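Structure with testosterone present.
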Amino acid sequence: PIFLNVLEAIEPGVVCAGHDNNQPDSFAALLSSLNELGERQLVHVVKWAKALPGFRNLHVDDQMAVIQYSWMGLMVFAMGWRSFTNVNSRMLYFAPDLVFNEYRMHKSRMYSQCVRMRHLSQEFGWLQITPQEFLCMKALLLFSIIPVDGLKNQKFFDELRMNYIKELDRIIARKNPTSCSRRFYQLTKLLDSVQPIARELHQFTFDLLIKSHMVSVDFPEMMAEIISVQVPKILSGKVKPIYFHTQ
Amino acid sequence: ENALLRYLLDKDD
Ligand SMILES: C[C@]12CC[C@H]3[C@@H](CCC4=CC(=O)CC[C@@]43C)[C@@H]1CC[C@@H]2O
């Protein structure tokens, strides 16, 4: 199982947000900690992506692009998984030092978004998603959002995405075709469900960046740049998710 | 051109 071996081997470890849990909750402290967590996880997503089979055959500008567009979805999906495995989706396990209960979901001013993320987490339970299905699905999320005008070398991206879909299908293949078919259907629907969540978070973080000075929310270096240059391309429709099913 | 991100992509470390 060469492909699964690799994904297992390269999977990032635990990342802490640096949140002070000894202090009372506030919108500013929670969001500043989430922002710092995003920066920390981005460092890990880059190291991971570089190690994915075939990633480096992409044009370097395209490597940059897929990372810059896909991080929100990737990170939401991984957080959904952590939440499922660590706390049976009861709370949102952003990091060991940043676990959102309902009060934090309210104080963060992201309650509705948190609801959807917890629903995603529950799906891993409801669908009985395996660790190996999770790994293949997460890898595929890196290749699920691109410019409508295409990438620099679209053909190499298309080939890579194709191969990650095939690896997912293999990990699903059940000597009964109907079982594998229903399963692939379910998992592709679940992958699609990440995108509207990521989009709502894109809008929220962009709006927050625009007003960050007014609410005492800190955005680290890479996050601020990505959210001001790359995220607006998503929000303006220049960059769109790749859906399996018609929305 | 995100310099910090490109640096992370370019560095081996
Ligand atoms: C983008 C954001 C900071 C980074 C957060 C994001 C919510 C989803 C998320 C889950 C993680 O596990 C890493 C941090 C991220 C990626 C937050 C929504 C608003 C805040 O500005």
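Just so we're on the same page: letters track the sequence lines, and every chain starts at 1. The way this entry was determined, per its header, is X-ray crystallography, 1.9 Å. Excluded from the calculations below are hydrogen atoms, water molecules and symmetry mates; all remaining heavy atoms, backbone and side chain alike, are included. Note that ligands are numbered from 1 as they come in the structure, with each ligand's atoms numbered from 1 the same way.
- The macromolecule with the greatest number of heavy-atom pairs within 4.5 Å of testosterone (ligand 1) is, in the PDB entry, named Androgen receptor.
- Other chains with one or more heavy atoms under 4.0 Å from any atom of testosterone (ligand 1): A.
- Near A:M75, meaning under 4.0 Å from any of its heavy atoms, are these atoms of testosterone (ligand 1): 12 (O), 16 (C).
- Contacts between A:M72 and testosterone (ligand 1), counted as non-hydrogen atom pairs separated by less than 4.0 Å, involve the side chain only.
- For testosterone (ligand 1), one of its N or O atoms has an N or O atom of A:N35 under 3.5 Å away.
- At least one heavy atom of A:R82 sits under 4.0 Å from some atom of testosterone (ligand 1).
- Most residues contacting testosterone (ligand 1) in chain A map to the UniProt domain NR LBD.
- Close contacts of testosterone (ligand 1) with A:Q41, meaning ligand atoms under 4.0 Å from a residue heavy atom, involve 11 (C), 12 (O), 13 (C).
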